[PDB]
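Here's Angiotensin-converting enzyme, soluble form with quinaprilat bound to it.
Residue numbers start at 1 and run along the sequence shown. Heads up, header says this was done by X-ray crystallography, 2.2 Å. Every heavy atom of this structure was used, including side-chain atoms; hydrogens, water molecules and symmetry mates were not. Both ligands and their constituent atoms are indexed starting at 1 by order of listing.
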Amino acid sequence: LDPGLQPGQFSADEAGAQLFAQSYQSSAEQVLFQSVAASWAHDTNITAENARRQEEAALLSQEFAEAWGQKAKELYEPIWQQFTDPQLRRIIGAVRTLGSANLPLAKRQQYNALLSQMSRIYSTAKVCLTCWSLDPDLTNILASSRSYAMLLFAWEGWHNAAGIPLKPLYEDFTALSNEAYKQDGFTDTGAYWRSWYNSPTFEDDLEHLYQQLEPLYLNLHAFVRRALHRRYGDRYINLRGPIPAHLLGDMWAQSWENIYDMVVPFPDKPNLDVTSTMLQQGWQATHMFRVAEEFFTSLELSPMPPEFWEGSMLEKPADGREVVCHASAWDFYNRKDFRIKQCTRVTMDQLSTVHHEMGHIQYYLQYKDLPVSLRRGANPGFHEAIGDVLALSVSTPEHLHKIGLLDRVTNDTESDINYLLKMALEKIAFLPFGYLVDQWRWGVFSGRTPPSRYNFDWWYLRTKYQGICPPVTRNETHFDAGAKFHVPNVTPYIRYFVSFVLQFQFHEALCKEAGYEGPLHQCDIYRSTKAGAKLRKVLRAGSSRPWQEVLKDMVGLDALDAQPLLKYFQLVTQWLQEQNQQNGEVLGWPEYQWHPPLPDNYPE
Ligand SMILES: *[C@@H]1O[C@H](CO[C@@H]2O[C@@H](C)[C@@H](O)[C@@H](O)[C@@H]2O)[C@@H](O[C@@H]2O[C@H](CO)[C@@H](O[C@@H]3O[C@H](CO)[C@@H](O)[C@H](O)[C@@H]3O)[C@H](O)[C@H]2NC(C)=O)[C@H](O)[C@H]1NC(C)=O
Ligand SMILES: C[C@H](N[C@@H](CCc1ccccc1)C(=O)O)C(=O)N1Cc2ccccc2C[C@H]1C(=O)O
Ligand SMILES: *[C@@H]1O[C@H](CO)[C@@H](O[C@@H]2O[C@H](CO)[C@@H](O)[C@H](O)[C@H]2NC(C)=O)[C@H](O)[C@H]1NC(C)=O
Ligand SMILES: *[C@@H]1O[C@H](CO[C@@H]2O[C@@H](C)[C@@H](O)[C@@H](O)[C@@H]2O)[C@@H](O)[C@H](O)[C@H]1NC(C)=O
Ligand SMILES: [Cl-]
Ligand code: NA
Ligand SMILES: [Zn+2]
């Protein structure tokens, strides 16, 4: 560790702790910068040499964390929790958590190499028949093919290609992860991840929210399944069974907006999927980012800096390069560089993704002057919800009209149902998946799910929550969890479930603040500078204050609450119920064992 990056001496008291944190800050920014830069060089240009550089950057970060972590303990262990400066308690709190820096060097190198290889396997996997990548090829097939066999080929090929090779590495990762966080005093890595919400009743709180949301999901499910039956027939759709996992428009069945064309109740109202118009009008990636930016400046939030437009990767490279395509927003921790890396396609759902990612950037811009340790969301759910909140306004027919993507506007009950259904396919359908992923991982971390039940426990949860089944037989050679990015990339998931609740709480608060008086799902906060100021206050706080308090100041409540989401969707909730009753549907999938047959001519 460079002389310049090592900790010196400070008095063992609060005034010295302030001096400590300031000195940490100065060297931390240099260490984070080099680490994020090496990650960037790799992820926008995957090569062995880039990987080796990234691995060395990670080791350097571990060394830093160890020196400053050990020093924070040495000087402040008896007294940090009693400090008068609450920001300073949070900073010391973060600095003394060593994580992977608790590993001896040899396990460090093994841990870093495992992360690097899991990521390289996920992002370079291909399905060959001439090889299809996940982005754009397999995404497009899953989104717009309607051929059972083609969808099955893409689904099965992806799951096999990414998942199977990941399993030995993921087992070794899990062991070392646990070994690391056990030395910081947690039972397993999952306990550590859960501690970020600082809520003794976290798991119970989540389960109480899910119980209120599940009826909506059950009703959406029944309706969609019925629509699928009418297209695919009773051989491949069981009206009392789970839905085959390849038919819902997405590789993970995680959101269903791409099958909107199959379920839309009133098809001679305005077409609410504007992808065509976007293509017809010749939208490019850059237009999508500029349109998102302009929403943000309409609120008197910050524009993207020059360094964002010069630095970002906003399209998949056409040169020789292999890249990580999964969309991400990057803070280089130097108060100056911020970038998005996305293999942007010209679709409506990607317009939302652009907003999601710009939400991350906007947070980075607003809190960049805080101490590095506080440069994060009030909780991880907050960071994931910013961009989605704006995208709720953008997707309203009224707003789409204003930006030239919808000629006709209508304000009638049929158009509303169409709109709310489209939104339920995006939002309601995700809830079970958003909940289940970390249940899987918590079980793996705690040892409840050993390697010998990875796929068994995955599909138990996928069926339990989502009501889907694999369209071909799976066994424990398969590692279907590892065919989802966040798993080999070691990115927590529960944040997305929290996000999907939070974003409706935020939407209701910002619509109220903007003076809007109509139904929640028709609110557009565009150009509301009052809404901007309320949102800006959250962003600027970073993690400096308890998330419960930040939320209370924003929405008038100190807890996650499903009531705003329920109110948003009220009309379609009522309507789907009535439709399912009228059609004689069974809610749920009591034939839980059912799986579809293979096609006759398959794979050939
Ligand atoms: C789409 O249409 C709805 C419904 O509009 C109502 O019924 C229609 C058939 C017409 O007769 C309309 O004239 C009628 O308002 C619109 O929602 C309605 O918005 C208004 C305000 O924009 C709401 O009124 C407010 O009520 C509060 C008290 O509760 C007062 O303090 C305010 O001064 C204001 O009068 C009204 O509650 C609301 N009604 C419903 C059904 O919720 C909706 O705004 C419109 N959509 C768009 C995007 O224009
Ligand atoms: C596109 C996005 N990408 C992550 C990237 C997270 C990441 C963290 C650390 C290193 C690399 C990447 C994000 O920015 O958070 C995403 O992964 N989802 C958002 C999203 C948006 C709408 C609906 C659901 C979700 C969940 C999630 C997903 O698509 O699975
Ligand atoms: C992708 O990364 C490689 C390194 O892994 C880059 O190649 C280096 O480029 C510099 C400047 O042209 C050369 O001096 C080095 O000798 C190259 N190293 C190797 C081992 O090839 C490459 O330029 C990167 N590609 C892009 C488009 O950024
Ligand atoms: C796991 O499965 C592999 C591939 O085939 C799968 O199982 C057979 C029986 C078919 O039903 C097929 O549709 C499935 O996808 C096998 O090659 C493998 O040996 C199986 N068992 C083990 C222990 O890996
Ligand atoms: Cl999280
Ligand atoms: Na999609
Ligand atoms: Zn995100």
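- Counting all copies, quinaprilat can be found at ligand 2.
- The residue-level binding site of quinaprilat (heavy-atom cut-off 4.0 Å) is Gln254, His326, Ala327, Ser328, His356, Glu357, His360, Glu384, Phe430, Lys484, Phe485, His486, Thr491, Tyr493, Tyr496, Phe500.
- Protein heavy atom closest to atom 23 (C) of quinaprilat, with residue, atom name and distance, is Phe500 CZ, 3.4 Å.
- Among protein heavy atoms, the minimum distance from atom 5 (C) of quinaprilat is reached at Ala327 O, 3.3 Å.
- Between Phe485 and quinaprilat, no pair of N/O atoms sits closer than 3.5 Å.
- Looking only at heavy atoms of the protein, atom 30 (O) of quinaprilat is closest to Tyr493 OH, 2.6 Å.
- Taking atom 18 (N) of quinaprilat as the reference point, the nearest protein heavy-atom neighbour is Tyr496 CE2, 3.7 Å.
- Apart from quinaprilat, the ligands and ions with atoms under 4.0 Å away are ligand 7 (zinc ion).
- For the pair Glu357 and quinaprilat, the shortest N or O to N or O distance falls below 3.5 Å.
- Short contacts between quinaprilat and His360, defined as distances under 4.0 Å to a heavy atom of the residue, involve ligand atoms 13 (C), 14 (O), 15 (O).
- For quinaprilat and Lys484, the ligand atoms under 4.0 Å from any heavy atom of the residue are 28 (C), 30 (O).
- Near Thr491, the atoms of quinaprilat lying under 4.0 angstrom from a non-hydrogen atom of the residue are 8 (C), 9 (C).
- An N or O contact shorter than 3.5 Å is missing between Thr353 and quinaprilat by distance.
- In terms of N/O distances under 3.5 Å, quinaprilat is approached by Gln254.
- Note: chain A touches quinaprilat mostly through UniProt domain Peptidase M2 1.
- Here no covalent bond joins quinaprilat to a chain.
- Of all protein heavy atoms, the one lying nearest to atom 2 (C) of quinaprilat is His326 NE2, 3.5 Å.
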